[PDB]
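Numbering of chain A is taken from the PDB entry, so the residues present carry the numbers 79-263, 313-349, 354-393, in order. Just so you know, these numbers use all the heavy atoms, side chains as well, and skip hydrogens, waters and symmetry mates. In listed order, ligands and their atoms are each counted from 1.
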Amino acid sequence: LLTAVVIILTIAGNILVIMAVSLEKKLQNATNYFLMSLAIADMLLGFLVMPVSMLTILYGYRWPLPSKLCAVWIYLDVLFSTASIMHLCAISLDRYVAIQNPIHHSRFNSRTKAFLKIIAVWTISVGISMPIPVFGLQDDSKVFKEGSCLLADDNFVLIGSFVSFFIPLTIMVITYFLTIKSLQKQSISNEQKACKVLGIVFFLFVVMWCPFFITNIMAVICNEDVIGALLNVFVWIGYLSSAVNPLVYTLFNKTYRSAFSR
Ligand SMILES: CN(C)CCc1c[nH]c2cccc(O)c12
């Protein structure tokens, strides 16, 4: 089965990135700490949420014995997915100011800025995910449907995606446009490599996560069986981003390539 492969890849990649950050004195800078936070969030996603999803697949999408695990499982899934998404959004926003104003960004760059960045993204992720255990356990219908564990709150699914993958998405495309504008208008080879890396990262993020959110919104604003079957695969397409984020955010460095090979 090609789902155990996904969980193994997620765990191994995030563990290796955390090891590379921790064991190398040359990689302890303000950006790599945020990258390690991304790795931690992706590892938690791949360890706590994904194998339970494979177990749900193995039982024909019939929940295992403890019914109380559904609401907390949805909480953890949404929390870690949002944490990854606005981690990427913060990375893009930080790169825009690093490229447009390098001197001022370096002058204002500090450990305090990185800690503020981390707490800001995690605080927004916590605020977005807040109602799920408050109301998911108060009413079992909001987290169950036809005997399968899935959230069935139409209003939250519509607005809760409008501040998780559509306002962050608008920010990310605007930032991508402004950065490719900035990097183009001996030192040009570095800028070309940076533009290529930014394009690969942005387009992979969009192509992996956008299908799931698009069909999720289409399942509410609008077929039901087809859309559900599509969601069942697109959620794992999105989960695979946790196994792709470390490799595309770290392996372009020779230090990370050497550490992975050690
Ligand atoms: C299913 N899982 C990949 C979580 C994705 C998610 C992030 N934020 C949300 C807000 C509402 C409904 C959701 O599925 C989400």
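The macromolecule with the greatest number of heavy-atom pairs within 4.5 Å of ligand 1 is, in UniProt, named 5-hydroxytryptamine receptor 2A. Notes: drug at ligand 1 recorded as psilocin.
Using a 4.0 Å heavy-atom cutoff, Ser159 is listed among the residues neighbouring psilocin. Under a 4.0 Å criterion applied to the non-hydrogen atoms of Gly238, psilocin contributes the atoms 10 (C). Which parts of psilocin touch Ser242 is read off a 4.0 Å heavy-atom cut-off, strictly below it: atoms 7 (C), 8 (N).
Contact between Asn343 and psilocin is absent, with no heavy atom of the residue lying under 4.0 Å from the ligand. Proximity to psilocin (heavy atom under 4.0 Å) is shown by these UniProt serotonin-binding residues of chain A: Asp155.
Checked by distance only, psilocin and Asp155 come closer than 3.5 Å through their nitrogen or oxygen atoms.
Near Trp336, with a cut-off below 4.0 Å to any heavy atom, the atoms of psilocin are 3 (C).
Per the entry, the source species of chain A is Homo sapiens. Among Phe243, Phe158, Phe340, the residue whose heavy atom lies nearest to atom 6 (C) of psilocin is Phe340.
Proximity to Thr160 (heavy-atom distance under 4.0 Å) selects the following atoms of psilocin: 7 (C), 8 (N). Going by UniProt's N-terminal numbering of the transmembrane segments in chain A, the answer for heavy atoms under 4.0 Å from psilocin is 3, 5, 6. Of all atoms in psilocin, numbered sequentially from 1 with element shown, those under 4.0 Å from a heavy atom of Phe234 are 11 (C). At 4.0 Å, heavy atom to atom, the residues around psilocin are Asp155, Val156, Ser159, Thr160, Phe234, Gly238, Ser242, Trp336, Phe339, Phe340.
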